[PDB]
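Chain identifiers are assigned alphabetically (A, B, ...) following the order of the sequence lines, protein sequences preceding nucleic acid strands; residue numbering begins at 1 within each chain. All ligand and atom numbering here is 1-based and tracks the order in the structure. Header says: X-ray crystallography, 3.3 Å. All values below were derived from every heavy atom in this structure, side-chain atoms included, with hydrogens, water molecules and symmetry-related copies excluded.
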Amino acid sequence: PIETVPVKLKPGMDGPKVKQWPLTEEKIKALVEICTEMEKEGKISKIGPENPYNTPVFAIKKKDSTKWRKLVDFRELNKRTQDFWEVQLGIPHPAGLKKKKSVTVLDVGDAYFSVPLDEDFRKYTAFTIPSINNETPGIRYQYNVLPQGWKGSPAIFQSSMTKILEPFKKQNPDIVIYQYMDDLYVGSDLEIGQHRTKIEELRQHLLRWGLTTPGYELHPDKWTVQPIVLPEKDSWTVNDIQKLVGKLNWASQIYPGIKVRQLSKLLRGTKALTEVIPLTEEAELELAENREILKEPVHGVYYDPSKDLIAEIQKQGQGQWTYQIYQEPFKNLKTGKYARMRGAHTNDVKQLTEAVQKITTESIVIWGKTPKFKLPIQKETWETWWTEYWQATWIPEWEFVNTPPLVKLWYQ
Amino acid sequence: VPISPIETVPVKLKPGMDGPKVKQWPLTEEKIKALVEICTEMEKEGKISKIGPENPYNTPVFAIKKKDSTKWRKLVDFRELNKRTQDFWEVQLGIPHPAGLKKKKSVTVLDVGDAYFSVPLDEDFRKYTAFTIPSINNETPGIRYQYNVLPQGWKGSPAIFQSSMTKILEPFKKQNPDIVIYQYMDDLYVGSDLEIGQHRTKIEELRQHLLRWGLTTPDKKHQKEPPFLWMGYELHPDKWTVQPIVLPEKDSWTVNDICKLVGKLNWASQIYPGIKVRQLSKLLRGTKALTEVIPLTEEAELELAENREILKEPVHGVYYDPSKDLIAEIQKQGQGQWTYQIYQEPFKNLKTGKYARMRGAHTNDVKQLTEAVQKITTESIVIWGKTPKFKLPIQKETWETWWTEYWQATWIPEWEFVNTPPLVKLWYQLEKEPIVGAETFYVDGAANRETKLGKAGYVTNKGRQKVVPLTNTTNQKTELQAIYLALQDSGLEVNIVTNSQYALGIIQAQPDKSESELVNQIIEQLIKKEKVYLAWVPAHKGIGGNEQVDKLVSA
DNA sequence: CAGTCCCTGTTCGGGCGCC
RNA sequence: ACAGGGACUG
RNA sequence: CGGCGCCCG
Ligand SMILES: Cc1ccnc2c1NC(=O)c1cccnc1N2C1CC1
Ligand SMILES: [Mn+2]
């Protein structure tokens, strides 16, 4: 018997009617055993056909975990509760979190099951546990408590959270603590031993205040940005000069002081591609000055909080992936590369699922926001397996892309 | 006082709306005098009531007819009430496919009588029900009433029925873990691996549990009727099959004949392996009337023949044995058509199917295989909830070369090669690096938008030139056209340099078939050549001998 | 700038296969 | 029916 | 009249 913060679908839009996608039998077992136990706990409870709302749910195991975590795709709800969280209560994003030598991510979402949810709102958390082959109909529930992964859940628990944390922040003022949805980001410049100790300690804090917590470390101070770089060549074929010039034309979309003039003139006749053409000095210097403008930053690219982030991933081959985060074309907030991720050399979709997760992660540590992905993949491929490789408690936004490779020239 | 059978499910109205008042709409004049009596029956049973003042509610009548009846079935139209009634989460998400059922030793079907009128309507919503329909012809103006149960043609009748029935069954089932039930409409099908009589023990004990809730289970019920006939299916506990398919032999071919034909072939294709619709399907392109006359080409008939011979002998599916692995094997059937069989024990198939869909403007067998493999994986997850062992007409090196070169993220799950021809191959590969001692064709093309007129050509390191005039064309078509020339006029090994982002995008995706004859030709020239190199250089950058062929064709 | 087309690939209005 | 990308219009 | 699945603007 405690209060309940009323909550509202921002004006005009209805509850999510989004359909449940088919599940593997494996995951259906894990979901059944989790909801029946959670119903028994009165976290959720059964519902009828009078509630014509649905959110899709599936399940995952977190990285390095043999225990099943349930996961709801509340994206649609979060879109329809949004004005509530963004406009009513803002959360300041630590710019230092990214500068910490180590940052651990702990999953605190279970705590959210304490607070009740406005009885009038619960009908919009309705989710179906599907049946294999439609032999039974769906087991439909709705959330009684603060549902994991909805943006209101971390929002409403704010007071209580800031509370339970105030002892630690007070005892450890130099430790930076940020919160994004079901996840809590904790970071410090401590040597790893004593960090992990301060983490076990914080685990205790939330443990004695009534929470459970089923490595997680990140090293943001070590995060490198991948700059554009022109090849180092001993001797140049025509073909080299051409691919070089084309690249230069792109980079010149990004860095305006670029000129192709002397290398272009280097190309003057109609010549065999593999003929070896020597570099004039005037060109050698324009090219070296270009190699220079490409060590610079880009004037006037800065993050604007109000704009959505957009992240593009390109598949570069042989386990390599390049990515770029930007809110507006050609002004890139970050560029990067991944290699030898799980799935490298065997399963592309796995590697990509990983990239999307690592990217979302750096995106949250840096700007506190999940990006919109443009995935170099067919829609259907992605839907089928993306559900198979997912280890994260959140779900970024994505759309599907086809760009036969001329932007693949983001890496040699 | 009336009485109270089973828990009622709350129903609201789309906020700010209220019950209907309507004028009558035509229905046949003979059978409706019968309901005047039938109505008095319901008065006494609790399925109807009335009040004078309280109802500003009136509803019309529009009906649907059913074959195979020894008695006539009444109906009322709430369509105005319907549109004004809250939405529900629909309970029928579609139906299980036979191949997903586990073989069950004993399987019976009880058909629930007075099913819809057996479910209490929500107390307070009862009010919105009032209605009126013509006596025999008509004499005096009339009278009215209210509904106490789930009304025919109402939205919640189906939603709430399904859910209430389910709600009822839950406790029997929890008390009987090793039974297996499925509900379709008002029929329940029950099955078990227990012995035939104790199975019938629980069958009566359940007709008991349904009675305990006011649910009627007659003895017209059949242990002796199976196969059960359901939606084009014939189902026996041991084996299943499609209901017998009648293939039109008509000499006269109209496009609606071909339509029904196709739909029938595909429906046969779920069980009878190797069905092809391609050539029959080509006739259907861009036709205005469904009644039009079309002749059959020789291919489509040789195919229709092979298919008729497929239907000749009968066939049956097995059921799923969860203990044993699932195996799905695809054989390439050509003309961008594919077929698959999913079995567990060899030659006893669970099901077959086709994937024919030519996806994209230009495509290839690897892409298309990848597609079939995805279709099948999805389907398999729906039915058995798991992914199959692939038996695929493709060398692990063929495949590896494709997915590993391709720009898109692409994947096939755990699969094993089956050496069944024709095998899937990559018909050409573009070199990754320039070719020493090949002529370098710098190629370009241009057309004028207004006149839709243009020219395509090239220049080489050897002095060789060409420019060709072209009529009724586009800038793109000319850039493909110029690359084409450079293929034609080059030796076995050639380096091709082009400035068109468009053309490069197509060729670089290594299509083996295309809608576009020019691309087909390009493809064909490409296969013949020992080595090809495609290069891109930005236009009007004053490049290479690129400025030169740009001048040559822009003139 | 906007404003034109040319080419390509996923959501809704026609009809057949199963209720 | 809708969107993305190319290219041409002064 | 609908649901479900393919084929044409
Ligand atoms: C039509 C249908 C649909 C879904 N399941 C069943 C049936 N009826 C059967 O014919 C059936 C046959 C064999 C095994 N299970 C069956 N059952 C399962 C319930 C025991
Ligand atoms: Mn041109």
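- Looking at ligand 1, the drug among cladribine, sulthiame, nevirapine, diclofenac, tetracaine is nevirapine.
- The macromolecule with the greatest number of heavy-atom pairs within 4.5 Å of nevirapine (ligand 1) is, in the PDB entry, named HIV-1 reverse transcriptase, p66 subunit.
- In this entry, the other chains with a heavy atom less than 4.0 Å from nevirapine (ligand 1) are B.
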